[PDB]
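Presented below is an entry in which one can find progesterone.
The residues of chain A that appear here are 1-323 by the PDB entry count, in order. All ligand and atom numbering here is 1-based and tracks the order in the structure. All values below were derived from every heavy atom in this structure, side-chain atoms included, with hydrogens, water molecules and symmetry-related copies excluded.
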Amino acid sequence: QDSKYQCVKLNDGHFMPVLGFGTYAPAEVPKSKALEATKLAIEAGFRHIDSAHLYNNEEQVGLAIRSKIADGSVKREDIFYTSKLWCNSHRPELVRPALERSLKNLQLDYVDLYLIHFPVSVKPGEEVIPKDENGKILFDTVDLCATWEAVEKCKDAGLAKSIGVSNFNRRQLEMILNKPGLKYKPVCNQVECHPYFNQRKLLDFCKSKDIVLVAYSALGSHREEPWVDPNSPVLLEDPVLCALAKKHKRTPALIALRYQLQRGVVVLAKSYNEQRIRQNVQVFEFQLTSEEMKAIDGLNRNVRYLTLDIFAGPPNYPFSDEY
Ligand SMILES: NC(=O)c1ccc[n+]([C@@H]2O[C@H](COP(=O)([O-])OP(=O)(O)OC[C@H]3O[C@@H](n4cnc5c(N)ncnc54)[C@H](OP(=O)(O)O)[C@@H]3O)[C@@H](O)[C@H]2O)c1
Ligand SMILES: CC(=O)[C@H]1CC[C@H]2[C@@H]3CCC4=CC(=O)CC[C@]4(C)[C@H]3CC[C@]12C
């Protein structure tokens, strides 16, 4: 709304800040950078911090969070920290060890939110993306409902305050929602969402089920090759976003973030730049008109930056369905 500490009530009674700090950085960015950036994010007013085992940064992100708690800047209760279960630990018996491993790296006792990162399961082991000779990904067959049950036990244990999913399509959400003996609905579905891929149908569906849609790559993504097609249009270079930025005396990034806030979406924003980190929290300072929101709706162009198509094949690959 108008305060950078604004939150939304999740379906389990916990509260999530509507603006989150994204912590992923491309492989070529030195791992030391995550520490300072996360500290700066907290100093700027970010409270919701998003990471995952896959991002290989939890040790640094954890260090930053704990440093800010230690110096009195924030209390643990005011930080909303998200981790995610990777595809190599979908087997029910491997779920808790994965969360405990993340917690050990963070040196924290609980996460505020734990997500199933991506619905396609891969063979268990140290390698996050296991491959045979020939370079073919080794997939594993796991019942996602069984995975969910094990995630539910993590909430029972108090290791995760809230639980949810990421990169799930409508069918996959329904599979969890319709599961016999379901204990906890997912609080959220974290998916790619920006003016070029606005997710209207999935957003409406999540809302109908009391599931929050959390937008990742909301500024058009890190554009890291080969995960993102280098020939895809650059979101922040959009002429309409630029024109709206000029009208409001803001920036294209701020317009893209504000768009999500006004349509009921919780939005992430990654930056490792001091000026841009401070800039992003200014999203709460202005409002887009209904006419401008409509103009941004028009930017929709079916550009999905993160296809994760290396995981295409198994029926659980989520992006084949309409939504
Ligand atoms: N669940 C999933 O499967 C998944 C997938 C992708 C992402 N995520 C999460 O979502 C987060 C965000 O997505 P993302 O990493 O793809 O990046 P993003 O938030 O879409 O941002 C992309 C780029 O925008 C730049 N930027 C930030 N603020 C700006 C500003 N005010 N003006 C101009 N440029 C600005 C950043 O560069 P600088 O750093 O140089 O400022 C960044 O590289 C991730 O870090 C991760 O936490 C989750
Ligand atoms: C957050 C980001 O969008 C995710 C989506 C796809 C992910 C990548 C998928 C491929 C991959 C394989 C590895 O072994 C290291 C991590 C990486 C390099 C992943 C890092 C995080 C990525 C880039």
_Where to find progesterone_ = ligand 2
_Largest contact partner of progesterone in terms of UniProt_ = Aldo-keto reductase family 1 member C1
*Tabulate residues with any non-hydrogen atom nearer than 4.0 Å to progesterone.*
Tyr24, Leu54, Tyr55, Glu127, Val128, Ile129, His222, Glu224, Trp227, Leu306, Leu308
*In the PDB record, where does chain A come from, organism-wise?*
Homo sapiens
*So which heavy atom in the protein is nearest atom 1 (C) of progesterone, and how far is it from that ligand atom?*
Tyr55 CE2, 3.5 Å
*For atom 20 (C) of progesterone, grab the closest protein heavy atom and report residue, atom and distance to one decimal in Å.*
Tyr24 OH, 3.5 Å
*Per-atom contacts, progesterone versus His222 - under 4.0 Å to a heavy atom*: 2 (C), 3 (O)
*Can you tell me which residue and heavy atom of the protein come closest to atom 17 (C) of progesterone, and the distance to 0.1 Å?*
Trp227 CZ2, 4.5 Å
_Per-atom contacts of progesterone with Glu127, taking only distances under 4.0 Å to non-hydrogen atoms_ = 14 (O)
_Within the 4.0 Å heavy-atom shell around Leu54, which atoms of progesterone are there?_
7 (C), 19 (C), 21 (C)
*Distance to 0.1 Å, residue and atom name: give those for the protein heavy atom nearest to atom 12 (C) of progesterone.*
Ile129 CD1, 3.5 Å
_Looking only at protein heavy atoms, which one is nearest to atom 15 (C) of progesterone, and what is the separation?_
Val128 CG2, 4.3 Å
*Considering the heavy atoms of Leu308, write down every atom of progesterone situated less than 4.0 Å from one of them.*
5 (C), 6 (C)
*State the residue and atom joined to progesterone by a covalent bond, or say none.*
none
_substrate-binding residues (UniProt) of chain A within 4.0 Å of progesterone, heavy-atom distance_ = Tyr24, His222, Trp227
*Which UniProt NADP(+)-site residues in chain A are within 4.0 Å of progesterone on a heavy-atom basis?*
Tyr24, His222
_Quick one: which other ligands or ions are closer than 4.0 Å to progesterone?_
ligand 1 (NADP nicotinamide-adenine-dinucleotide phosphate)
